[PDB]
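Protein chains get the first letters and strands the later ones, always in sequence-line order, with residue 1 at the start of each. The deposited model was determined using X-ray crystallography, 2.0 Å. In listed order, ligands and their atoms are each counted from 1. Heavy atoms only: backbone and side chains are in, while hydrogens, waters and symmetry mates are out.
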Amino acid sequence: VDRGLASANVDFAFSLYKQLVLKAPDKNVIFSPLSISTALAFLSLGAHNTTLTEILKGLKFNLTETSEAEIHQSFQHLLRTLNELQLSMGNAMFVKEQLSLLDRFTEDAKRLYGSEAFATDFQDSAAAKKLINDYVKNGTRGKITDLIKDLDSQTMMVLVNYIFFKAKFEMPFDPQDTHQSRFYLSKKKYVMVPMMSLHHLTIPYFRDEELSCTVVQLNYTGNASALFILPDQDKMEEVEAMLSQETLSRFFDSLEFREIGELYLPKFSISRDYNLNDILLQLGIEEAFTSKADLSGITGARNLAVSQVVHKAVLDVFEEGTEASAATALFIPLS
Amino acid sequence: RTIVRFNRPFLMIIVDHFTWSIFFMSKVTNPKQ
Ligand SMILES: C[C@H]1c2cccc(O)c2C(=O)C2=C(O)[C@]3(O)C(=O)C(C(N)=O)=C(O)[C@@H](N(C)C)[C@@H]3[C@@H](O)[C@@H]21
């Protein structure tokens, strides 16, 4: 484990989370921070000067402790380690067929991020959109099929990351024990939802009396698990106020095996679609979006700039396990 | 004797122990979408 990379990605996950909640503080949230970190790190491979340092600092790296090369190497090592359960991540670039790219960039993009270069006729707008969405559908096994909605005819490249996850609970719920039960959207508003249940369960457990929340971990068959954080009623805002790498680590470190009388978990499926421009600007990635953008590591010229960053993610939780998928796309016209 | 009832908004974080990566982060405020 490169501890430096692991730390940066967790910090970036909680910064992103807070910004996503700031948009609409009472709505469902689902995203893949790993997908977004990897897509932006891929982008930084082609960046120089202030454009580059802003991306890498935005991703929460300390450029003083680590070099650009070591960061790309850490992501290469991460991607190889990730790809029992089903898990895959992919990177791609879709490039205007005539656009001249540096050999060193396409070679490095393939070697470090596993990325191919797809020739694409962006002026045939609808066919380019179908080529990209098809790539994402394939990578996500049909879970994400409309990441690209609009696509300007003068786009020069689109960088794409996807992640697909499908795992079985090692202690699965029995659908015979799924019953409609109340879910309290607030203290005074509640609806009936399908509520799964498990009886007499020994799982890692931690009651945080100071933060008024209960933490449990449900393992999947692989090396992956789901950490669930359940704030007491009306304590969600309080618990969100403490979220950080340090707090999450303290949560994991405080888990102990404990026999649960019963566990009730809703069966649910949620989906969210985000434009990340405002959030990336807030996190300090600014020059990439302006005419001062320096993506000359891609083409040999300061001729490219980012116009749009979008992210789509889905999460399905059911008796047998969990399915989750996400994709990130970066739209890059001429500067 | 303990009962854990996810009948109110909660967070779910899918993690990989080998790499210490967060794959997905989620807040469920309404499971009826
Ligand atoms: C998967 C880890 C993780 C992933 C993503 C973000 C994180 O913040 C973490 C952790 O902090 C982990 C730990 O702190 C451990 O407590 C942790 O530090 C630890 C260890 N071996 O050092 C463990 O293996 C874990 N538990 C106490 C037995 C636990 C880890 O599972 C997680």
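Taking the chain with most contacts, the partner of ligand 1 here is, per the PDB entry, Alpha-1-antichymotrypsin. At ligand 1 one finds the drug doxycycline.
Other chains within a heavy-atom distance below 4.0 Å of doxycycline are, by letter, A, B. Counting heavy atoms under 4.0 Å, the binding site of doxycycline comprises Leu248(A), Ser249(A), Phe252(A), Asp253(A), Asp16(B), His17(B), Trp20(B). The presence of a protein heavy atom under 4.0 Å from atom 26 (N) of doxycycline is ruled out. The N/O atoms of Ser21(B), backbone and side chain alike, include none that comes under 3.5 Å of an N/O atom in doxycycline.
The protein heavy-atom contact nearest to atom 29 (C) of doxycycline is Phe252(A) CB, 4.0 Å.
Of all protein heavy atoms, the one lying nearest to atom 6 (C) of doxycycline is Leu248(A) CD2, 3.8 Å.
Residue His17(B) places at least one N or O, backbone or side chain, under 3.5 Å from an N or O of doxycycline. Within doxycycline, the atoms closer than 4.0 Å to a non-hydrogen atom of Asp253(A) are 14 (O), 15 (C), 16 (O), 17 (C), 18 (O), numbered from 1 in the order shown.
This deposit refers to chain A as Alpha-1-antichymotrypsin. In this structure, the protein non-hydrogen atom closest to atom 11 (O) of doxycycline is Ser249(A) OG, 3.3 Å. In terms of protein heavy-atom proximity, atom 20 (C) of doxycycline is nearest to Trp20(B) CZ2, 4.1 Å.
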Contact table doxycycline N or O to protein N or O, d under 3.5 Å:
residue: doxycycline; atom: 11 (O); partner: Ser249(A); partner atom: OG; Å: 3.3
residue: doxycycline; atom: 14 (O); partner: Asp253(A); partner atom: OD1; Å: 3.2
residue: doxycycline; atom: 16 (O); partner: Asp253(A); partner atom: OD1; Å: 2.6
residue: doxycycline; atom: 24 (O); partner: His17(B); partner atom: NE2; Å: 2.7

